[PDB]
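Since the structure comes first, as structure tokens, the remarks are kept for the end.
Here the PDB entry sets the residue numbers for chain A, with the shown residues being 16-224 in order. All ligand and atom numbering here is 1-based and tracks the order in the structure.
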Amino acid sequence: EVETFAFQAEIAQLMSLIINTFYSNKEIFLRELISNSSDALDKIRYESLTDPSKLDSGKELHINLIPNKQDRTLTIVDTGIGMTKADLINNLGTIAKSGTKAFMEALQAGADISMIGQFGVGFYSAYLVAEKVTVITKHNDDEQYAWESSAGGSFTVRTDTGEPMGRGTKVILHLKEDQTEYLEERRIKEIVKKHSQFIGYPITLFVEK
Ligand SMILES: OCCN(CCO)c1nc(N2CCCCC2)c2nc(N(CCO)CCO)nc(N3CCCCC3)c2n1
Ligand SMILES: [Cl-]
Ligand SMILES: [Cl-]
Ligand SMILES: [Mg+2]
Ligand SMILES: [Mg+2]
């Protein structure tokens, strides 16, 4: 079964502002998702220091970037702490309420979309380049879930039946027709060097073949 939920009103409003505002500096989306992945890897490494069994689900701590020109997708894979069902459906949302509300105050008072990260809501910057986002995730304490939204006020959560990951998150960006530059090898490398040169984990760009 697939469950369907409404976004909270303020998040539906942020998503609509990110989709509708003319704004050319779209490349900042990659920094925000790599920064989220780095947070998740920090959390599992920290927890593993007092409880080594947390790494039984896998020891490697990395980020892979996987462009696919045929499917028009860009996938960010990490082996971080992953997210529970309750994270996906409400807990990460309730923590976002205040950053979302403040970011939207800041934008009306002159701030631009590139400061989204400073409010803890960088994930939604995905919607600068993607018409749909799929988030496949596995936390030690829960089962594998797929989250998915094409915006429009709702999102879905289902149990995931495909290729089981051990622990961590796959973000699948279904790119807009005019945003294929972000599948180009030299553009991904330019963006990673410019915005995220200082991440404490290996970032491997997979080449297509
Ligand atoms: O890059 C996107 C994928 N990842 C996985 C990285 O492994 C990711 N990580 C987040 N975090 C770091 C790993 C522990 C959880 C936090 C995180 N945090 C929040 N929120 C808390 C704010 O800090 C709400 C605001 O976005 N929301 C996320 N979303 C995306 C899917 C669920 C819905 C909203 C989210 N997503
Ligand atoms: Cl993760
Ligand atoms: Cl609908
Ligand atoms: Mg990510
Ligand atoms: Mg990810």
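The molecule at ligand 1 is the drug named dipyridamole.
The chain forming the most contacts with dipyridamole (ligand 1) in this entry appears in UniProt as Heat shock protein HSP 90-alpha. Here is the list of dipyridamole (ligand 1) atoms found below 4.0 Å of a heavy atom in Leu103: 32 (C). Counting the atoms of dipyridamole (ligand 1) from 1 in the order shown, those under 4.0 Å from a heavy atom of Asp93 are 6 (C), 7 (O). Proximity to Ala55 (heavy-atom distance under 4.0 Å) selects the following atoms of dipyridamole (ligand 1): 7 (O), 13 (C). For atom 2 (C) of dipyridamole (ligand 1), the nearest non-hydrogen atom of the protein is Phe138 CD1, 3.5 Å.
The PDB records the biological source of chain A as Homo sapiens. In terms of protein heavy-atom proximity, atom 26 (O) of dipyridamole (ligand 1) is nearest to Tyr139 CE1, 3.6 Å. Annotation: atom 8 (C) of dipyridamole (ligand 1) to nearest protein heavy atom, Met98 SD, 3.7 Å.
Scanning the protein heavy atoms around atom 11 (N) of dipyridamole (ligand 1), the nearest turns out to be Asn51 O, 4.6 Å. Against a heavy-atom cut-off of under 4.0 Å, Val186 is close to the following atoms of dipyridamole (ligand 1): 2 (C), 3 (C). The shell of residues lying under 4.0 angstrom from dipyridamole (ligand 1), judged by heavy atoms, includes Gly135.
Distance screen at 4.0 Å: atom 29 (N) of dipyridamole (ligand 1) has a protein heavy-atom neighbour inside the cut-off. What sits closest to atom 14 (C) of dipyridamole (ligand 1) on the protein, heavy atoms only, is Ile96 CG2, 4.3 Å. Looking at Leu29, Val150, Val136, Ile110, it is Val150 that brings a heavy atom closest to atom 31 (C) of dipyridamole (ligand 1). With a cut-off of 4.0 Å, the other ligands and ions near dipyridamole (ligand 1) are: ligand 2 (chloride ion), ligand 4 (magnesium ion). Numbered from 1 in the order shown, with element, the atoms of dipyridamole (ligand 1) that lie under 4.0 Å from a heavy atom of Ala111 read 24 (C), 25 (C). Residue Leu107 holds the heavy atom nearest to atom 16 (C) of dipyridamole (ligand 1) of all those in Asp54, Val92, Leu107. Against a heavy-atom cut-off of under 4.0 Å, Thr184 is close to the following atoms of dipyridamole (ligand 1): 5 (C), 7 (O). In this structure, the binding site of dipyridamole (ligand 1) at 4.0 Å (heavy atoms) is formed by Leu48, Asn51, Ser52, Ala55, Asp93, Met98, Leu103, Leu107, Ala111, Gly135, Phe138, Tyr139, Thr184, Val186.
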Check dipyridamole (ligand 1) for close polar pairs with the protein: N or O on both sides, less than 3.5 Å.
from, atom 1, to, atom 2, distance (Å)
dipyridamole (ligand 1), 1 (O), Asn51, ND2, 3.3
dipyridamole (ligand 1), 7 (O), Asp93, OD1, 3.4
dipyridamole (ligand 1), 7 (O), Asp93, OD2, 2.6

